[PDB]
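Drug on board: octreotide.
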Amino acid sequence: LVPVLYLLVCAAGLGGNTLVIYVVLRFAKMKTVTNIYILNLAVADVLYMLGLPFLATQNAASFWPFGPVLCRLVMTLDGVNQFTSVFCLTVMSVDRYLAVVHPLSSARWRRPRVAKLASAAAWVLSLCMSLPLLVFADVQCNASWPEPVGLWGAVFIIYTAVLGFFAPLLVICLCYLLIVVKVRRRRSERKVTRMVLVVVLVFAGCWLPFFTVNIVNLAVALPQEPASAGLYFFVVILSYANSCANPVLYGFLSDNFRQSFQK
Amino acid sequence: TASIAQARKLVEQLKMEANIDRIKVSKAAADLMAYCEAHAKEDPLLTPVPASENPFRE
Amino acid sequence: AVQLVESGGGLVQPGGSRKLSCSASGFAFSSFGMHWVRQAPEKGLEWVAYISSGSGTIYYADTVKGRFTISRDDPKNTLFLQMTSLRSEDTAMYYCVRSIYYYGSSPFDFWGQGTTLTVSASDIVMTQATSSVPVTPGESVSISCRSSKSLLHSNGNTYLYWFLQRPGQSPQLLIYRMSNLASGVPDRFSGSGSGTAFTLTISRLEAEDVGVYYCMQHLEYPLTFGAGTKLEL
Amino acid sequence: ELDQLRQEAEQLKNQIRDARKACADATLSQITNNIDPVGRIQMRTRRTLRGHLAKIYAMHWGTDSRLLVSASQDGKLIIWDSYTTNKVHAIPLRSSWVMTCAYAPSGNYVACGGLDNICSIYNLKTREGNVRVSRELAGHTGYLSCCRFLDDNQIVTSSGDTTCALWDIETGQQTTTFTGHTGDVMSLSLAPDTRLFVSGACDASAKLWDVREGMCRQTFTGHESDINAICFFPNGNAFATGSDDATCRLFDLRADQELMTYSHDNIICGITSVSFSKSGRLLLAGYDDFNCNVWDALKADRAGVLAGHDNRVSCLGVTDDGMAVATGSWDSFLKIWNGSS
Amino acid sequence: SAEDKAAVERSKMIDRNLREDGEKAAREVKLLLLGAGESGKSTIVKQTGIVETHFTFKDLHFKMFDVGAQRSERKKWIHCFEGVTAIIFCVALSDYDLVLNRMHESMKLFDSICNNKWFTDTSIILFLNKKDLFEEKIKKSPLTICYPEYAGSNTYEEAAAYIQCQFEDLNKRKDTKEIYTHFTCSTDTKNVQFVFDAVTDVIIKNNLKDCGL
Amino acid sequence: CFXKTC
């Protein structure tokens with residue numbers, strides 16, 4: 001049910017992140033590294049929510065509303081925000097690890113100067129991971145393989161998987177589990193578990209199915225039906241709704257954000 | 001004991017402090033209005049400073 | 001006990017190189033910017049190098065741009081200047097200067113004793129005319145050097161640094177900028193002006209008041225120093 | 001002669017209270033209906049003076065409004081150019097628990113006082129480059145609460161040992177001493193002529209003093225809890241007392257009685273500082289309600305808030321010209337609030 | 001304007017120095033002592049304002065505050081310690097046999113501390129000061145001299161389980177303020193390394209709160 | 001079947 005599902009997942013998802021940005025910028029300035037570190041992925045999600053109607057056009061049977069927009073740089077810009085947001089999320093995980101596990105030397109990287117240089121690094125690496133897509137952006141819209149000949153499309157996505165999940169969301173965003181190792185009012189253990197397990201579980205439950213199915217698509221492109229057009233749409237819907245779960249989770253679980261929300 | 005001296009100290013204030021005119025609040029208000037008109041024109045917190053290069057309001 | 005002494009130089013072969021060094025003591029030089037003022041014999045002064053408070057904005061003069069290099073050793077409280085491929089025009093006496101830059105500070109207040117260097121043989125300038133008007137110590141003399149542009153900025157600070165190169169030693173800061181007096185100067189040396197006009201109003205003269213005066217410009221990037229003057233005894 | 005002196009003292013109180021009632025026909029709030037209210041005073045944070053990394057306990061302005069000195073719990077007495085948000089100096093403090101700072105009328109000297117009970121005085125315009133301490137002022141057995149310079153060589157200090165004292169920094173010994181209080185003295189305010197000053201104590205008593213002798217010129221009561229802020233009127237014959245009972249009270253030297261009260265039903269927060277504008281028409285007071293509620297002094301009606309702080313507005317004071325008000329609060333920042341045209 | 005550029009550069013240098021000082025300032029703890037004159041906190045520091053005892057135990061400098069000599073109204077200057085890692089309170093365990101009042105001012109002040117608007121999160125540490133003398137006092141005399149409703153049992157464990165619990169019942173914010181407890185044993189390490197552990201724990205909790213976990 | 005569609 002794309003006509004309703006896309007609207008439902010793109011209205012609340014795009015509104016919650018904007019509200020989170022507004023509160024985190026106005027109610028609580030919080031120059032703290034962590035505030036702009038989470039604002040980075042909040043803005044990433046805000047500008048990445050626009051891909052939902054673009055992919056829903058596939059089920060809407062309108063390949064482009066204008067004609068050059070959908071294939072020239074849509075996969076080169078909206079898709080770049082995926083790597084941007086994953087990089088910002090692992091940046092937040094590293095920030096938390098440095099703030100809690102080891103402020104032994106927190107004046108070298110935890111300063112606000114580095115908090116924006118790391119964000120700029122994340123943006124430029126996301127652009128570089130999406131620049132080949134723009135260079136090969138010419139199809140009927142997905143075009144990473146049509147433009148080259150042999151297997152560059154498969155090479156792209158393998159690199160995309162290895163750079164989007166293997167490094168940042170498997171062993172780098174797993175630093176949340178390592179944060180509690182020795183520091184986990186004994187109820188504080190469960191109180192912080194209800195925030196350290198849920199984020200990793202959401203990232204590994206709503207976002208993995210997209211990469212797992214397409215790598216299967218790489219293996220075998222199964223025949224289609226309303227089952228395929230509906231459930232492969234649900235898979236990308238879950239991948240998009242991870243970006244809706246992240247802002248609300250971050251803005252509600254944090255006690256400072258709870259005070260910031262109540263400000 | 002010391003109370004006496006302190007009583008004298010108590011009077012030290014009451015005595016002279018009241019010995020003087022002890023003018024009424026009548027006058028108290030006067031400056032509130034004269035000095036207001038005196039330094040309110042110079043009260044930029046009140047009369048916003050629109051100086052082309054206001055020290056702070058630019 | 002503020003002490004500025006510099007050494008290095010005195011005789012340069014043509015096409016050669018020389019090294020300069022200025023030693024600072026008696027003050028927090030590490031928070032002080034420093035200038036560099038040359039002085040050709042029987043002539044005026046000339047700025048040659050500059051580094052801001054904390055080695056921030058290193059500057060050089062066009063005449064020695066590239067040839068010279070200036071560096072400060074803040075922990076060692078000493079200055080380093082290297083002059084390479086010296087030309088015949090580099091026959092002059094140097095003068096180490098200090099400068100602190102803050103709201104209402106005292107820039108170019110203390111001058112070094114001086115080190116002379118001898119070699120065998122588009123910006124604003126100021127008018128150090130009126131070469132000599134000698135006067136008896138019982139009178140007053142007003143000096144001035146003219147600038148084309150209006151000195152006052154939106155901040156209102158006009159930089160026409162006044163000095164008096166008394167014979168035998170360095171000039172003494174009479175009025176830093178053009179409005180505020182200096183530390184150690186008497187009440188006789190004064191100054192006033194309006195935009196482009198100026199008047200180094202001096203009340204009385206005595207034996208120490210002899211010497212050639214000079215003016216500096218700090219508004220633009222280059223510190224065009226003052227042309228030679230006479231003591232006008 | 002306990003009761004014998006008590007009867008005479010009660011007669012004295014009766015006489016002085018009857019004199020106050022005869023002179024004070026009615027509260028000044030009723031008689032001020034002639035003057036127009038200032039209205040909602042919108043003060044934009046024209047300059048936000050960021051750079052201070054703890055609760056701002058006392059901010060003071062030199063006689064030129066350009067410079068200010070802000071003291072905080074971080075032990076950083078920092079001279080600031082409020083014109084360009086520039087740090088002219090950053091003086092380290094011997095005691096980081098400063099609750100009061102002072103800019104000398106000459107401008108050459110700055111002092112800070114607090115828990116250590118010594119009002120160290122710093123040399124700003126030295127021959128050398130740095131800013132050095134001139135002389136500390138030991139002799140207070142309480143906790144120092146408010147230094148205010150009288151001249152370059154006279155520092156007034158009110159402490160927590162229920163006494164206050166005048167000092168001569170040439171020698172380092174108190175010329176006079178002012179012991180008339182029962183609780184810790186919190187806020188001492190020096191007059192424009194500095195010939196008299198008022199210090200407020202925890203016993204809800206504010207006592208005027210004479211600088212030259214050391215005898216309590218007057219005493220004031222009316223508050224129900226500890227007084228936390230006093231600052232003289234520009235006219236020099238008044239002050240206001242913001243106490244932890246969530247009100248502020250205006251007094252008079254020639255009337256010797258309380259005049260106005262600065263409280264409202266919806267505010268139950270105690271005042272942490274008080275200041276006046278150039279005309280005295282605005283009595284800006286920093287409540288612990290997280291908002292430096294600008295209280296119209298002549299009207300005793302809240303005619304403005306400068307709520308811009310995440311924490312309690314600890315200290316604030318207008319400049320010499322009053323062009324700025326720096327409500328540096330317990331939030332790390334200071335904000336220069338100026339009326340935007 | 002060149003002078004203004006140099007002034008701005010000097011201010012940026014002062015900002016660089018201010019941040020380098022403020023990182024250390026935020027790294028420094030603010031362990032505040034409190035109690036009465038007869039508490040005996042001198043013993044704690046054995047191994048005319050604050051005697052700000054700056055020491056270092058585990059490469060983390062601790063600024064203890066021997067502010068017990070203030071002799072002023074703490075209600076008017078305790079708001080200066082709102083931001084601290086912990087507050088050390090040496091209990092008046094002299095209630096076993098010594099009167100003057102058998103250390104009921106301890107409870108009278110502890111209730112004010114707990115209910116103070118500024119000590120909601122400040123994890124106050126409770127130290128059984130004069131524990132060695134109090135053990136002999138409770139072994140030689142009962143505890144119901146000034147605690148009629150208590151049990152006592154003339155044992156060291158029950159003396160703690162009664163006296164400490166009397167103030168810990170006054171402790172109301174059991175969720176926000178994590179009060180520690182360490183019987184003051186006159187030893188070389190266990191008197192201050194426990195304080196080090198407690199301040200590390202409270203710093204960890206504050207860091208988790210700040211980071212948002 | 002590739003990027004975001006099939």
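Here is how names work: the chains are called A, B, and so on, in the same order as the sequence lines, proteins then strands, and each is numbered from 1. Parent or X for modified residues; extra atoms not counted. Only this structure's heavy atoms are used, side chains among them; waters, hydrogens and symmetry mates stay out.
Octreotide, all copies counted: located at chain F. Measured by close contacts, the chief partner of octreotide (chain F) is listed under UniProt as Somatostatin receptor type 5. Other chains in heavy-atom contact with octreotide (chain F) below 4.5 Å, by letter: A. Looking at chain A and octreotide (chain F), the transmembrane segments (UniProt, N terminus first) with a heavy atom under 4.5 Å away come to 2, 3, 5, 6, 7. Heavy-atom contacts of octreotide (chain F) within 4.5 Å involve A:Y48, A:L55, A:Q58, A:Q82, A:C141, A:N142, A:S144, A:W145, A:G153, A:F156, A:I157, A:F210, A:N214, A:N217, A:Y232. Heavy atoms of octreotide (chain F) under 4.5 Å from chain A belong to residues F:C1, F:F2, F:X3, F:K4, F:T5, F:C6.
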